[PDB]
Chemist: 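Dumping the structure here so I can ask a few things about it.
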Amino acid sequence: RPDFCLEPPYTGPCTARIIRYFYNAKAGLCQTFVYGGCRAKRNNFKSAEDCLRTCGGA
Amino acid sequence: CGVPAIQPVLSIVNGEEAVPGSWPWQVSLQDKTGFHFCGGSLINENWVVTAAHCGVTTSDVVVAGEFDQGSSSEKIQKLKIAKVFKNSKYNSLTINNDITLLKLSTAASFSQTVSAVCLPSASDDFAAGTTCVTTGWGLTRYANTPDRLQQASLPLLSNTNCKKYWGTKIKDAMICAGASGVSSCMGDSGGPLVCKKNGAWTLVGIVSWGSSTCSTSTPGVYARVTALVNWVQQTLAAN
């Protein structure tokens, strides 16, 4: 799986409160986090399904 | 516009609870489940101005006349969005031109707790040092959002003073304020930064971005409405 899947979630500098998903390699699942709305990193998905299809098993 | 039926009482991290309904243009942007993700400002009965990075869609809703989001009994207006007008010049990389207009499906019913904020003229000049106000339901600590609407008074900063920290990240459609002990934070984006113009509260900025930890000693960055108001007027006229 891509290494970006191992990066911690990144909220960013913007101040929106948008729910996004990131892959948590420690748990092996995609979890939710608050995204600020701009400058998202790649371990940031709009659905748990997209996240698991991209990072599952990393 | 710009004149609340309920006068606000002054004296967001380190802000204070606002007098209920004293910022009648403040709206909460929520998804279909009622989840608050951004703020916004009513500019008339059919339009709301917010930030482009909020990514509002027609599935989201505009909630007007709200004060306590933890109160299920509180009377509010859940307004559907007919169309979203994101400024085509919004730069997703630099965050410049961070503004979006929302056209409501059904007009909002203005009242004592729901009314519009005034818009400035593209040529308006709001001096640095001017004490303005920002409001919203964003985090009060960098955590869940406060139930009740918060407010904070803060000074506009000159571009020279802002750049002393943010350097070249400050673009032409941005204006800074803060670094004075208060800070906008997650959930405040899209909300207003208002200053009085001939006694009327006028939208000078839109909560945009800033310190990654919502530091109260760092300049907050807002979309500069004077640089974007012509786009606003043109959009309304054509729609």
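Lettering of chains proceeds alphabetically from A, tracking the sequence lines in order. Residues 1-58, in that order, are what chain A shows, numbered as in the PDB entry. Numbers in chain B come straight from the PDB entry, and the residues shown are 1-11, 16-146, 149-245, in order. The figures that follow rest on heavy atoms only: side chains count, while hydrogens, waters and symmetry mates do not. Per the header of the entry, the method used was X-ray crystallography, 1.8 Å.
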Chemist: List the chief contact partner of chain A in this entry, with the name from the PDB entry.
Modeler: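 The largest contact partner is Chymotrypsin A.
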Chemist: Which drug molecule is found at chain A in this structure?
Modeler: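 It's aprotinin.
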Chemist: Looking at chain B, which UniProt domain houses most residues near aprotinin (chain A)?
Modeler: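 The UniProt domain in question is Peptidase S1.
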Chemist: Quick check on the interface: out of B:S218, B:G193, B:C42, who has the most heavy-atom pairs with chain A (aprotinin) under 4.5 Å?
Modeler: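 Among the listed options, the one with the most contacts to chain A (aprotinin) is B:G193.
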Chemist: Quick check on B:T219 against chain A (aprotinin): is it the side chain, the backbone, both or neither that has a heavy atom closer than 4.5 Å?
Modeler: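 No part of B:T219 comes within 4.5 Å of chain A (aprotinin).
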Chemist: Counting heavy-atom pairs under 4.5 Å to chain A (aprotinin), which of B:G142, B:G197, B:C58 comes out on top?
Modeler: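 Heavy-atom pair counts peak at B:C58.
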Chemist: Which one wins on heavy-atom pair count under 4.5 Å against chain A (aprotinin): B:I99, B:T151, B:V213?
Modeler: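 Among B:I99, B:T151, B:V213, the one with the most close pairs to chain A (aprotinin) is B:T151.
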Chemist: Please identify the active-site residue of chain B, as annotated by UniProt, closest to aprotinin (chain A), and give its minimum heavy-atom distance rounded to 1 Å.
Modeler: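 The closest one among UniProt active-site residues, measured by heavy atoms, is B:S195, 2 Å.
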Chemist: Do you know which of B:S214, B:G226, B:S217 has the most heavy-atom pairs under 4.5 Å to chain A (aprotinin)?
Modeler: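 Between B:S214, B:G226, B:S217, the count favours B:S214.
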Chemist: In this structure, which residues build the binding site of aprotinin (chain A) when a heavy-atom cut-off of 4.5 Å is applied?
Modeler: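 Heavy atoms within 4.5 Å: B:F39, B:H40, B:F41, B:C42, B:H57, B:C58, B:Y94, B:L97, B:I99, B:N150, B:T151, B:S190, B:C191, B:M192, B:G193, B:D194, B:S195, B:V213, B:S214, B:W215, B:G216, B:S218.
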Chemist: What residues of aprotinin (chain A) lie within 4.5 Å of chain B on a heavy-atom basis?
Modeler: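 Non-hydrogen contacts under 4.5 Å involve A:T11, A:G12, A:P13, A:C14, A:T15, A:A16, A:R17, A:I18, A:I19, A:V34, A:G36, A:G37, A:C38, A:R39.
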Chemist: Between chain B and chain A (aprotinin), identify every pair of one donor and one acceptor N or O atom lying under 3.5 Å apart.
Modeler:
residue	atom	partner	partner atom	Å
B:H40	O	A:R17	NH1	3.1
B:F41	O	A:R17	N	2.9
B:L97	O	A:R39	NH1	2.7
B:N150	OD1	A:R17	NH2	2.7
B:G193	N	A:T15	O	2.7
B:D194	N	A:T15	O	3.4
B:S195	N	A:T15	O	3.1
B:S195	OG	A:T15	N	2.9
B:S195	OG	A:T15	O	3.0
B:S195	OG	A:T15	OG1	2.4
B:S195	OG	A:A16	N	3.1
B:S214	O	A:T15	N	3.3
B:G216	N	A:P13	O	3.0

Chemist: Looking at the PDB entry, what's the name given to chain A?
Modeler: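 The PDB entry has it as Pancreatic trypsin inhibitor.
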